[PDB]
K.L.:
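Model contains febuxostat. Questions to follow.
Chains: A, B, ... assigned top-down by sequence line. Numbers in chain A come straight from the PDB entry, and the residues shown are 1038-1135, in order. Since chain B takes its numbers from the PDB entry, the residues it shows come out as 3-165, 192-531, 537-1316, 1326-1332. To match the PDB entry, the residue numbers of chain C are left as they are there, and the shown ones run 742-790. Note that chain D is numbered according to the PDB entry, with residues 594-642 shown in order. According to its header, this structure was worked out by X-ray crystallography, 2.8 Å. Excerpt of entry shown; contacts counted in excerpt. Whatever order the structure lists ligands and atoms in, that order sets their numbers, starting from 1.
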Amino acid sequence: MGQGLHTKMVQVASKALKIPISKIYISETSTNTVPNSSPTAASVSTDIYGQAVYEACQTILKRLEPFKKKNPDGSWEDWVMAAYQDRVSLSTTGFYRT
Amino acid sequence: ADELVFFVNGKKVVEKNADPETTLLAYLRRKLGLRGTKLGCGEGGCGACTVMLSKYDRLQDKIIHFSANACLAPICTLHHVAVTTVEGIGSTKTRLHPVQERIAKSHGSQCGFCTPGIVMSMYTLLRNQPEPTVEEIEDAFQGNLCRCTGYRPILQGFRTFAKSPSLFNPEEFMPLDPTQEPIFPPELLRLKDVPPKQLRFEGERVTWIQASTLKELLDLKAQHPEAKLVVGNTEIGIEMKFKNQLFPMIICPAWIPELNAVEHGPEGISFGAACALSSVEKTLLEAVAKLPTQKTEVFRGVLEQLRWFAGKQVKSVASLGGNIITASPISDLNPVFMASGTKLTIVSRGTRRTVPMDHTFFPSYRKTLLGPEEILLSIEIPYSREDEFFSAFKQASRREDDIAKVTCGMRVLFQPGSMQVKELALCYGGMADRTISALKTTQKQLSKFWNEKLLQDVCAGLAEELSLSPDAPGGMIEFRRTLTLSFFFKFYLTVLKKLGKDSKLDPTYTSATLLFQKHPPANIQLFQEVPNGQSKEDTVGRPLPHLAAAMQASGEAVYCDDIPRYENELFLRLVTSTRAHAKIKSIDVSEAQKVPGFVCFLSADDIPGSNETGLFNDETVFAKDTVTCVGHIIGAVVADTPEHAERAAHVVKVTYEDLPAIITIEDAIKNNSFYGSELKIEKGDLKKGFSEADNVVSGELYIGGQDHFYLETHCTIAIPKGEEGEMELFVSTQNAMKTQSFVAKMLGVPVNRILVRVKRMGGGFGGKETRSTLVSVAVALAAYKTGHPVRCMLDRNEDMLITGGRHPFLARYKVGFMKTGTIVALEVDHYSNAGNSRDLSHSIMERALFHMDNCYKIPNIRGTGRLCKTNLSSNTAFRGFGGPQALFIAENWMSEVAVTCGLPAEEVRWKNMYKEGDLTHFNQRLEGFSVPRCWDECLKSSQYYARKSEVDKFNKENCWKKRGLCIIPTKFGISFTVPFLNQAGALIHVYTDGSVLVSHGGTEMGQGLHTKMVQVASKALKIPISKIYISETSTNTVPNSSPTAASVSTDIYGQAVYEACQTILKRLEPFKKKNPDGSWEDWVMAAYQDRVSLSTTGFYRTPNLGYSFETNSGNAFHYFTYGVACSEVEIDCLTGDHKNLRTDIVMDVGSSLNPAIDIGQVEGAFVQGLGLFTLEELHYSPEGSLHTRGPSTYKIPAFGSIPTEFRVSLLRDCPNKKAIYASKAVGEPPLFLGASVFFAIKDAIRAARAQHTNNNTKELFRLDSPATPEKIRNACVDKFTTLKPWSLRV
Amino acid sequence: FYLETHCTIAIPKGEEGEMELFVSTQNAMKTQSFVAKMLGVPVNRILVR
Amino acid sequence: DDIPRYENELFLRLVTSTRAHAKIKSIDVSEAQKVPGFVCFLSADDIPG
Ligand SMILES: Cc1cc2nc3c(=O)[nH]c(=O)nc-3n(C[C@H](O)[C@H](O)[C@H](O)COP(=O)(O)OP(=O)(O)OC[C@H]3O[C@@H](n4cnc5c(N)ncnc54)[C@H](O)[C@@H]3O)c2cc1C
Ligand SMILES: Nc1nc2c(c(=O)[nH]1)N[C@H]1C(S)=C(S)[C@@H](COP(=O)(O)O)O[C@H]1N2
Ligand SMILES: Cc1nc(-c2ccc(OCC(C)C)c(C#N)c2)sc1C(=O)O
Ligand code: MOS
Ligand code: MOS
Ligand code: FES
Ligand code: FES
């Protein structure tokens, strides 16, 4: 709504994943991607969504590890592709409870 | 004038600016927002646009109801007519109509795109006859095509309007109450009083003048000679849409009573030139029933023609006059009218003459002897005199609704009570550029007697008088000529029978003096019941109908183009190559830009990203520099309407400079034009193998390609957002992932910026596994460049020319074997015509090689494959994916081994069959090999042995008709041959009300994936299915998904969903425990409150996969689906036509998740199979231009094409531990089983050849696929197919 | 006094009571269940973006 | 509202109370129906849920 939530969330994911923000994008908010959400209020949205995003990024980094190891000098793109090929899921959820 | 007034579903429409070029289909969809009526061809052949028309007829003083194809109906012909669409008889939002209810509950709907039109065809019937007969119920669908169901279910369900567990209960069907049928529009009925006045309409380019009286018609024609008349528009509509014709001024005489008058005079019955064929048919039938047989000889002739003339929709609008004057070289009526000198009453202001039709009426191509100010007023089909006999024959590719190869009308008149010819006329269609009479040949017979010698002379006469030059248009020179002699032979034999009185002929001949006959259908379906004590809520294993059947049967189901259009949405029409290979030297759009509504012309230059697309980056988005096949996309036009983009696109001038083209597999081999290097699988010792083989056979076989013909053609809607290169696309595709990255590559933006959503496809079958991106990416560029959302749905012909199809195969084999029939060695070399692109062509070849063994153990084997790089649209995947081709070649040489050995085929096959534990040629254990059980059970329930006797008895007692009986098995490798594609994701959310929303990477196309997935989640979660819902497939809910293909979608997505459900059940446990007596809703809410996430992902990776052609090792498939089919046919060795009498299938689906979906899948794949092997055939000009581009020239199986007795069975007690809930993929496996029809036909051809040809019990004749009536007839060599150098050789 | 006042776009699909809504709101969840309660269809049938 | 509009997209204008507290004794739409483009008037009665 102008508070810069999506900007902050991109910044968090970029630090979390350790990739430029340019490779990250947030298009919108929808009930079919993340259900039963609390209203964007109480000023905690950054605190709580950022933690949820963060967690997601971790699952991702964990899944991609075996590949980063097998190819230390590789790029982010190399590892992602390698994970796709090895039929490793590149989609996860993140959640947080204060 | 000016005001067009009609009703649609009770509501009155007043169009103040009717444009003569507007069809009802477009009006209903664009202007009236009623998308229930679909567009499937626009030629009147599929019936997906079927609607009911009701009007008050004066002359009968009664309301009439008839079906009609909305795509050919000009709205200007509908003044004061009440239209009824699918949505006008019921809906899920209110209550379905018995017709819509039954088809849905009977599993008569799969992708459901054809369902609306079929619902209306059955509706019109019931609206005319509330209690139809099984025969009228079938004849109702001759203008309707379904590509999914195999037709059996549609007919079994509707059979209830007529007069072990089962797939449906007819006792729960709601009875049809006509007293509740929507009444005829009262207002519309009051207008019947007012005297018809002359109307006038003015569209963008055409002027329509609806005449109300004969006087006005004659005056109009006087003032405007060039003006074309239109009644049914089933001819003019085609010329305008397809032939690029513009008739600026049209006159519709339809209203004029004298053009609709029916009179029964002493010479015969007269019909006004506007009378619809259906009316003529009705009149004639009653005339035949009331008058003595001797007076109805010519009547019965017309009836036999009208019998296989289009369908109900076309015959209800097509006018008698319209057929005659169009003067089509292949008219089915003109030939009959000429042979009988039917009286034609021609008029014009002042003048009026009556002349009998004869050869002089058709001067030249499509021309007649009418004056530019003349109009045909009436036709008098003649009564039949004593000693006068008539006959009428027609032969095409498919019996139901088809353009004739050769059609005729034959008449003879003898001297009183004698056998001496007085008058003799033989008139044919399909032999010249106009209907002709074989006058020369018939002259020499006048005064001669009806005898064996006359028969001989005539055939010699016909053979000389109606010769065809090799360059004959339409080709099929031999077959066509043979048909004229064969037709006469039937006429000859029939007349003898008729000269036999009764109050004769050889015993084995009368069969050749009989018109087509439909025996009563008998179908049985048997599957296994679910465990006696299974929750009524655990739907897995029960025959639960397709969750969308009802909405598809009501027109509420939404397909891509059904999606409403934005106020600023633009339309795109692709501009394609007309040369098979050449340089693009210039593109001119001067003409296009002049068309109203033209926005812009897109070409390679406009692409912001890269023009390099395709699965292997060997394709272009838009052609640059050179075109490499006819139909190759060069650019596209965007305009404010579909019509404008189409017209504008048609005048874009491309100037080419031709290049050496490589069209066929031959030239491909000749010029060494391939893609990559040879593929191969070799096992054992060939040299050593043949060396030990008693007999050895070599050959060459060919299998034609195939068009998917999904009812909904390719379609894409692109919505440019405006920010960050964001774009949302609604596409009819089975590969959202590739659509996503291909669109992104073209635009040059990260993949995360593009969203692709797939509700459902009105059919895919592999045609949409990748080739859908051809349309998607083009629409995306238009969206990108214009800023407005853009859409495009291909027309049937564009779809057929561009999207690519099944791979045509060419095989060169050689098999060694022992007298016993045991195969010892094998060598098959496959060649597939790949098209101007790699695409999937390569993996298809591999699947082929993995199946060249079918169900047989071959110790020494070697198979190779090459991909022929040609200048034809790139071919792609097609239900079977290379498997069907390989299995066919396998069964061909196998059939030859049986003949050569002189042993029964089942025996040769059974002894050569794999055994539990054996290794394939690619070394993989066949665990749970059930072909044996399928084989035994099929042989037994089909009564194969008892019937084989029956077959031979028939062959003995029949001379011009034979019967074939064959039994084929099959095994299909389950899994993608690319290991990394065997992965699947799923996202499941449970909302606070307890309702669940599932999303997986799989898409729906009619196979019932979403239904099966709901069933799985309902069993998994242990809640009713009602609380679960799947809305669609989208790239933002489940990323990087493999295409919905390889038949594993249920296996893999169901596992992914299942996993998700588990995570959910695990999270909810603590709460179920804290509150055991609680409901699902209680626990969910409790979990929400305790801040426990109700959203998780699911994923699956198929274990132990990875075969290497390098070491012929490693599993290639997770398991195999097996099945056996037994078919029996009867061919007419004189025409080439045949009928499938009975087929018996036993499939091993393991423990079925849904026996209704699986069986509908078996029957459906089976029919597309018999289609590939015996009916569907594409033709191209030598230079690479496709000829067959519509249902009119490409005949897929029709309602009347399925085995009269269709029995399907799912193997009991055989759970498959390898896949979810013990089920097995059922998608592709059964399609090859349609080959049993092919080999059943070949079996019949042998009987024929043994009758009039060779005397070699072990002769091996080549019969390629498809076994068309042309191939069948030509293989039935006889004195007909059979019947001058200076010096010889000797 | 937000510069953009309240705004909502509802798109009825035609099947199973499905509806997609484009709303200017900070509570998609409540928009979702409230819309569903009014229509009387499961919450899974309504999409809010 | 910046989102493009569908060719058949209709517009809604809320009809509100002008009294701080009272009984609704009657609603007349005779005048409304006469306005060009009027489609319909929605009230509590139409709600399905
Ligand atoms: C799916 C499909 C299947 C078909 N199957 C067959 C088939 O099996 N056998 C076959 O023969 N045909 C077939 N046809 C062709 C078709 O039936 C005819 O061309 C139709 O009979 C013509 O009538 P109409 O009223 O539609 O004609 P229209 O489209 O109006 O066209 C008639 C033409 O005849 C002229 N004309 C019409 N009435 C008169 C009159 N009273 N006086 C003077 N000139 C006149 C018009 O000017 C025009 O050139 C098929 C068409 C479709 C679309
Ligand atoms: N009615 C219908 N059935 C169909 C299709 C289709 O497009 N329509 N696609 C076929 C093809 S080509 C395949 S690979 C499978 C895929 O089935 P699945 O999605 O359950 O794996 O369904 C088959 N059955
Ligand atoms: C039906 C079927 N499809 C297959 C396949 C093979 C390669 C592909 O893409 C290759 C690219 C990513 C390099 C895609 C896609 N998309 C699909 S294998 C197969 C089977 O049946 O084995
Ligand atoms: O006031 Mo902000 O929490 S909505
Ligand atoms: O032929 Mo189906 O895999 S697409
Ligand atoms: S679209 Fe009209 S018959 Fe196919
Ligand atoms: S269900 Fe009939 S064409 Fe798909």
K.L.:
In what form does the model contain febuxostat: which ligands or which chains?
P.N.:
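It's found at ligand 3.
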K.L.:
Quick one: what's febuxostat bound to in this structure? I mean the chain with the most contacts, named like UniProt names it.
P.N.:
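Largest number of contacts: Xanthine dehydrogenase/oxidase.
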K.L.:
Which other polymer chains sit within a heavy-atom distance below 4.0 Å of febuxostat?
P.N.:
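By heavy atoms, the other chains are B.
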K.L.:
Can you tell me which residues in chain B that UniProt annotates as binding FAD end up with a heavy atom closer than 4.0 Å to febuxostat?
P.N.:
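The UniProt-listed residues with a non-hydrogen atom that close: none.
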K.L.:
Check the entry and name the source organism of chain B.
P.N.:
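Going by the PDB entry, Bos taurus.
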K.L.:
Give the other ligands and ions closer than 4.0 Å to febuxostat, with numbers and names.
P.N.:
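Nearby: ligand 5 (dioxothiomolybdenum(VI) ion).
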K.L.:
In chain B, which UniProt active-site residue has the smallest heavy-atom distance to febuxostat, and what is that distance rounded to 1 Å?
P.N.:
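The closest one among UniProt active-site residues, measured by heavy atoms, is B:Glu1261, 5 Å.
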K.L.:
Under 4.0 Å, heavy atom to atom, what does febuxostat touch in the other chains?
P.N.:
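Counting heavy atoms, the site comprises B:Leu648, B:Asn768, B:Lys771, B:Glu802, B:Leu873, B:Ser876, B:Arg880, B:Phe914, B:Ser1008, B:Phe1009, B:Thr1010, B:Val1011, B:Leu1014, B:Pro1076, B:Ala1078, B:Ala1079.
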